[PDB]
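Starting from 1, each residue takes its place in the sequence as its number. Values below: all heavy atoms of this structure, side chains included; hydrogens, waters and symmetry mates excluded. Ligands are counted one by one from 1 in listed order, and the atoms in each one are counted from 1 as well. Technique stated in the header: X-ray crystallography, 1.9 Å.
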Amino acid sequence: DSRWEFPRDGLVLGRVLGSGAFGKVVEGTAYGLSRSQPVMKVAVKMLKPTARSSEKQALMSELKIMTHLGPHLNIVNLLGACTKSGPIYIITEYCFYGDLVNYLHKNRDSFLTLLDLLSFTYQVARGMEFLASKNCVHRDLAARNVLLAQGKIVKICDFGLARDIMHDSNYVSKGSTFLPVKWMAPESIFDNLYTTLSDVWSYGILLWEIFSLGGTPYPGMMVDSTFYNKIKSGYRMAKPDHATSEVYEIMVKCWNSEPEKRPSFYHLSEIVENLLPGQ
Ligand SMILES: Cc1ccc(NC(=O)c2ccc(CN3CCN(C)CC3)cc2)cc1Nc1nccc(-c2cccnc2)n1
């Protein structure tokens with residue numbers, strides 16, 4: 001679709017927001033991208049000189065997925081792309097608060113309120129519901145892949161090539177790659193099965209991050225055969241400090257050993273809605 005093409009001369013590139021071995025996301029300003037706001041801040045994803053054909057394909061593939069998914073309030077939204085006479089650029093909206101983990105850390109003292117945490121929980125479920133409805137499996141759902149926009153609107157994202165998986169402790173080496181094992185369903189780690197149901201397990205881990213104000217899952221527990229054995233044995237985390245007992249129950253239901261026993265994202269949205277004063 002060429003409806004998304006944006007002239008390169010209308011895009012000003014700024015500071016780096018995220019970077020990996022082969023890709024990066026940078027801050028930007030787009031002129032004429034919008035009739036309403038002719039001077040608009042944006043985020044731009046692009047390859048680095050170090051990248052090869054395999055990565056170029058991946059970026060193009062990512063853009064296709066993005067063009068194909070429709071827009072949703074809770075997914076970072078595509079605004080345009082630069083695909084001619086140059087390296088590909090994917091342009092999205094800019095999220096004022098940045099990633100959720102850093103935001104939560106910055107706000108421990110203010111704690112931002114518990115209702116805010118519940119809203120985040122509700123919004124993520126709605127975004128995931130949207131992705132699931134499109135038969136799209138995320139595979140890396142975590143607070144580090146949740147952005148927060150103005151008005152405290154969560155925006156689910158996937159850094160992808162823009163994440164240094166090799167130097168990030170959250171990702172563990174496996175079969176010539178690194179995986180966020182502490183966030184993955186057992187059937188994913190051990191049986192290479194990825195489904196909307198395995199995303200639900202990650203969502204549970206995400207809720208633990210939210211209600212620990214950005215703590216590390218399985219704190220002090222390194223990833224090894226013992227950790228793997230504990231997970232397979234049905235071991236689950238304790239309740240984080242700021243979680244209520246209903247929020248903890250939700251996490252536990254997301255961590256069921258049997259994927260079919262996990263609630264749907266649509267169901268999760270309704271259960272969380274029942275915890276909110278607002279109807
Ligand atoms: C600029 C850009 C380009 C592409 C994307 N793409 C995605 O966020 C994304 C989300 C979901 C999918 C779906 N996909 C399904 C298949 N599985 C395996 C992967 C996920 C794909 C891409 C985001 C962005 N935006 C982005 N990315 C990282 C950080 C920021 C950012 C950072 C700070 C402040 N404001 C914005 N902004």
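- In this structure, the drug found at ligand 1 is imatinib.
- The chain with the most heavy-atom contacts to imatinib in this structure is named in UniProt as Platelet-derived growth factor receptor alpha.
- Nearest protein neighbour of atom 21 (C) of imatinib, counting heavy atoms only, is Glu62 CG, 4.2 Å.
- Polar contact with imatinib: absent for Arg139 (N/O pair, distance under 3.5 Å).
- For imatinib, the atoms sitting less than 4.0 Å from at least one non-hydrogen atom of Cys136 are 13 (C), 15 (C), numbered in the order shown with element in parentheses.
- Most residues of chain A that touch imatinib lie in the UniProt domain Protein kinase.
- The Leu147 neighbourhood of imatinib comprises atoms 29 (C), 30 (C), 31 (C), 36 (C), 37 (N), with distances under 4.0 Å to a heavy atom of that residue.
- Both criteria (UniProt ATP-binding in chain A; heavy atom under 4.0 Å from imatinib) are met by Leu17, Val25, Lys45.
- Source organism (PDB entry) for chain A: Homo sapiens.
- Rounded to 1 Å, the minimal heavy-atom separation between imatinib and the UniProt active site of chain A occurs at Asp140, 6 Å.
- Using a 4.0 Å cut-off between heavy atoms, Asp158 contacts imatinib through both its backbone and its side chain.
- Heavy atoms of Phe96 found under 4.0 angstrom from imatinib: none, in either backbone or side chain.
- Of all atoms in imatinib, numbered sequentially from 1 with element shown, those under 4.0 Å from a heavy atom of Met66 are 4 (C), 5 (C), 6 (N).
- The binding-site residues for imatinib (non-hydrogen atoms, 4.0 Å) are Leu17, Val25, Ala43, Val44, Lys45, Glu62, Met66, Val76, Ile90, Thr92, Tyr94, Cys95, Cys136, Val137, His138, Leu147, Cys157, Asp158, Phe159.
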